Chemist: 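Mind looking over this structure? Questions follow.
Each sequence line gets a chain letter, starting at A and going down the list. We number chain A the same way the PDB entry does; the residues here are 1-99, in that order. Since chain B takes its numbers from the PDB entry, the residues it shows come out as 1-99. Note: hydrogens, waters and symmetry copies are ignored here, and every other heavy atom, side chains too, is used. Just so you know, ligand 1 is whichever comes first in the structure, and atom 1 is the first atom listed for that ligand.
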2 protein chains.
Amino acid sequence: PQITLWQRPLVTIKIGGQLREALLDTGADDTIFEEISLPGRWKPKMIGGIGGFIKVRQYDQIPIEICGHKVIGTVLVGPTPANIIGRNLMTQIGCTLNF
Amino acid sequence: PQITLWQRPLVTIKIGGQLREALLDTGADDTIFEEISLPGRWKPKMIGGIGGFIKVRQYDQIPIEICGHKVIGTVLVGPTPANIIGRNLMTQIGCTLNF
Ligand SMILES: CC(C)c1nc(CN(C)C(=O)N[C@H](C(=O)N[C@@H](Cc2ccccc2)C[C@H](O)[C@H](Cc2ccccc2)NC(=O)OCc2cncs2)C(C)C)cs1
């Protein structure tokens, strides 16, 4: 579907049996969620943002449904104020920018 | 044109007679530049993001050229690690997300 930018580009996604809304963020290399429960092993990691850096957990090969699209990738879990779908996953649903 | 997301979506801009590269950021409501010199008055403002918040100057009605597209809008200047073009200007050039 095509989405204009008069409003924040929110998408509904399913991950680990949980439902959430996330922002399609072309300005984000990675995908991060605020508190969700994911299983298994992860690794420590720090993300750099506009206001500074945050410490997150890094999970790989995590199944994720973005607008009905099934894909798998690396998902970070950390203290973000907004759930974000990054380029690492937007690339997987074929999402592009147009103008 | 069309822009896939395998690489950060950078565009070349001209603003205040100065050249810069910026990220087409669908996850940003506003446009922010680190160190550029803009004329005129401005109003202090704070912006939030991953990592915390930062104090920035808010200039309105600033002529800016984005990939050859001449438009005008609010531009923030402040301690940001990367130049960002927000939704406030992306809508001006008719930029959309597609998948
Ligand atoms: C619900 C409430 C919390 C919300 N507020 C907002 C409005 N806000 C603050 C913003 O749009 N804020 C923008 C912003 O930082 N956006 C950010 C996402 C975000 C949104 C909301 C809250 C926190 C983070 C997203 C931006 O693309 C920044 C740009 C950037 C790139 C390189 C270096 C520094 C910065 N990119 C990143 O932070 O990349 C790192 C990563 C971000 N997410 C996963 S990895 C500013 C640039 C204007 C949206 S949702």
Chemist: Of all chains in the model, which has more heavy-atom pairs under 4.5 Å to ligand 1 than the rest, named as the PDB entry has it?
Modeler: Gag-Pol polyprotein
Chemist: Quick check: what drug is at ligand 1?
Modeler: ritonavir
Chemist: Any idea which other chains have a non-hydrogen atom closer than 4.0 Å to ritonavir?
Modeler: A, B
Chemist: Name every other-chain residue that has a non-hydrogen atom under 4.0 Å from ritonavir.
Modeler: A/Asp25, A/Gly27, A/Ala28, A/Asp30, A/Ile32, A/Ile47, A/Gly48, A/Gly49, A/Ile50, A/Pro81, A/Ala82, A/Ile84, B/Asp25, B/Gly27, B/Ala28, B/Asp29, B/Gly48, B/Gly49, B/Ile50, B/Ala82, B/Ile84
Chemist: Give the residue, atom name and distance (to 0.1 Å) of the protein heavy atom nearest atom 28 (C) of ritonavir.
Modeler: A/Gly27 O, 3.8 Å
Chemist: Looking only at protein heavy atoms, identify the closest one to atom 6 (C) of ritonavir and say how far it is in Å.
Modeler: B/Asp29 OD2, 4.0 Å
Chemist: Does the protein come close to atom 4 (C) of ritonavir - that is, does one of its heavy atoms sit below 4.0 Å from that atom?
Modeler: no
Chemist: Just which atoms of ritonavir are under 4.0 Å from any heavy atom in A/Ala28?
Modeler: 42 (C), 43 (N), 44 (C)
Chemist: In the protein, what heavy atom is nearest to atom 2 (C) of ritonavir, and what distance, to one decimal place, separates them?
Modeler: A/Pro81 O, 4.4 Å
Chemist: Identify, for atom 41 (C) of ritonavir, the protein heavy atom at the shortest distance, and state residue, atom and that distance.
Modeler: A/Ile47 CG2, 3.9 Å
Chemist: Nearest protein heavy-atom contact for atom 24 (C) of ritonavir: which residue, which atom, what distance?
Modeler: B/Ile50 N, 3.4 Å
Chemist: For ritonavir, which atoms, with element, lie under 4.0 Å from some heavy atom of A/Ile32?
Modeler: 43 (N), 44 (C)
Chemist: When only distance counts, is A/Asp25 in polar contact with ritonavir, meaning an N/O pair under 3.5 Å?
Modeler: yes
Chemist: Could you check atom 49 (C) of ritonavir against the protein and tell me its nearest heavy-atom contact, residue, atom and distance included?
Modeler: A/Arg8 CD, 4.0 Å
Chemist: State the atoms of ritonavir, each with its element, that fall below the 4.0 Å cut-off from a heavy-atom position in B/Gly49.
Modeler: 15 (O), 23 (C), 24 (C)
Chemist: Heavy-atom contacts with B/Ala82 under 4.0 Å: which atoms of ritonavir show up? List them by number with element.
Modeler: 32 (C), 33 (C)
Chemist: Taking 4.0 angstrom as the limit and counting only heavy atoms of A/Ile84, give me the atoms of ritonavir inside it, by number and element.
Modeler: 18 (C), 43 (N)
Chemist: So is B/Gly48 polar-close to ritonavir, meaning N/O to N/O under 3.5 Å?
Modeler: yes
Chemist: For atom 48 (C) of ritonavir, what is the nearest protein heavy atom, given as residue, atom name and distance?
Modeler: B/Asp30 N, 4.1 Å
Chemist: State which organism the entry records for chain B.
Modeler: Human immunodeficiency virus 1
